[PDB]
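Drug on board: atropine.
One is the number of the first residue; the rest follow in order along the sequence. One-based numbering, in listed order, for ligands and for the atoms of each. Quick note: numbers below take in every heavy atom, side chains included, and nothing from hydrogens, waters or symmetry partners.
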Amino acid sequence: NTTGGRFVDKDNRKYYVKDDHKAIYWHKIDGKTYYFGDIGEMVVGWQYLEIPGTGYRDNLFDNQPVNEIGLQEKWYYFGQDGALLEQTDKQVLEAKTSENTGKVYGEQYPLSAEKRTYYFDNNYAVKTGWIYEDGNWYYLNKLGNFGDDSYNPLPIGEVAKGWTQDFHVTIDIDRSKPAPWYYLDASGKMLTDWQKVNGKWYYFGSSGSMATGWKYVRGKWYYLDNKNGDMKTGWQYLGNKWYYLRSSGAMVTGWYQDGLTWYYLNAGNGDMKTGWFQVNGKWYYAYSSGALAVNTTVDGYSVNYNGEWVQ
Ligand SMILES: CN1[C@@H]2CC[C@H]1C[C@@H](OC(=O)[C@H](CO)c1ccccc1)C2
Ligand SMILES: CN1[C@@H]2CC[C@H]1C[C@@H](OC(=O)[C@H](CO)c1ccccc1)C2
Ligand SMILES: C[N+](C)(C)CCO
Ligand SMILES: C[N+](C)(C)CCO
Ligand SMILES: C[N+](C)(C)CCO
Ligand SMILES: C[N+](C)(C)CCO
Ligand SMILES: C[N+](C)(C)CCO
């Protein structure tokens, strides 16, 4: 909705001039959309810009005041004629690199020999976050790379691979909200259920998020590292209590013999018993190591070879 002007070629740049003024930022002109930066030069190709539509960066000319405004920046694609690609689904385009972004009409730059499928939101911006494609989930980076007073927005919108945290983010990471870990394979597909990664087992369930701590899966209990997620095995001291996990990771309950020694893991909680305890009417004593006492005396009471108390 900007009329009364005309495009102008001058000094190897292109502008839109009306009543002798230069257009700047966003403008809707005769069915298409263009962006002319801060001083009027029409942009082309990949651009990381403040979202249009609010009016604060729209329909403006260099002879008008430009207000302070905090608008998020996102990725957009413009044709070589300056027209914004108003895609709302997806399109295969030249990959955005460190040498084909932020260019203006008349500037010289290479065209990526590599192309990628880019997804877009309903407002023509490159889409970020989770997406569901052909039976699988994919994660499109929400953030670029940080580096001590440094930030590179290039990775944004790209398909994430490997271990990835899904932070809540607008202009910055919302550190108050949760940021679960996920794992996307070589083609970007999100993994589910049990998975062995870098020599260790992890559980991503049905939602994909990496489990931590105790987890009940298909009738058994597993303990995934509270912080790292990796599945534990063997003896583990958790919450001031001992537990024995099979090599499969599953928690053991009942009587267990380690070498020659017998231990009793609580039927309900699975925690190792110490002191005198009773099993199915019978009485037994386990030392502080959890080790069952056999054929000997304990503070006056005798126990046979099965550790059973005998009157
Ligand atoms: C392979 N994963 C482990 C370490 C790298 C990723 C992240 C996983 O989840 C985490 O919480 C780890 C714990 O060290 C982590 C590493 C670095 C920053 C934040 C979290 C564990
Ligand atoms: C939770 N269960 C699944 C993943 C671990 C356990 C047992 C099965 O997985 C395995 O048996 C794998 C096979 O490589 C395994 C890895 C390391 C030691 C033992 C078994 C299914
Ligand atoms: C992978 N998700 C879409 C499925 C679930 C949590 O974000
Ligand atoms: C033993 N737990 C994993 C089973 C239950 C919480 O006390
Ligand atoms: C079971 N008792 C007879 C053995 C010991 C006291 O708790
Ligand atoms: C750790 N312990 C006391 C539990 C068991 C011996 O392997
Ligand atoms: C000897 N028991 C009581 C310890 C274990 C099952 O045979």
### atropine - positions in model
ligands 1 and 2
#### Entry: Bound partner of atropine (ligand 2), most contacts, as in the PDB entry
choline-binding protein F
### Message
I'd love a list of the residues lining atropine (ligand 2) within 4.0 Å - heavy atoms, by chain and number.
### Response
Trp194, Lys196, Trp201, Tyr222, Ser248
#### Entry: Atoms of atropine (ligand 2), numbered as shown, that sit under 4.0 Å from any heavy atom of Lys196
16 (C), 17 (C)
### Query
Is any heavy atom of the protein nearer than 4.0 Å to atom 19 (C) of atropine (ligand 2)?
no
### Task
Would you confirm whether any non-hydrogen atom of the protein falls under 4.0 Å from atom 15 (C) of atropine (ligand 2)?
yes
### Task
Please report which non-hydrogen protein atom sits nearest to atom 1 (C) of atropine (ligand 2), along with the residue it belongs to and the distance in Å to one decimal place.
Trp194 CE2, 3.6 Å
### Query
Which residue holds the protein heavy atom closest to atom 6 (C) of atropine (ligand 2), what is that atom called, and what is the gap in Å?
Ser248 O, 3.5 Å
### Query
Protein heavy atom under 4.0 angstrom of atom 11 (O) of atropine (ligand 2), is there one?
no
### atropine (ligand 2) covalent anchor
none
### Message
Give me the nearest non-hydrogen protein atom to atom 21 (C) of atropine (ligand 2) as residue plus atom name, then the distance to 0.1 Å.
### Response
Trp201 CH2, 4.8 Å
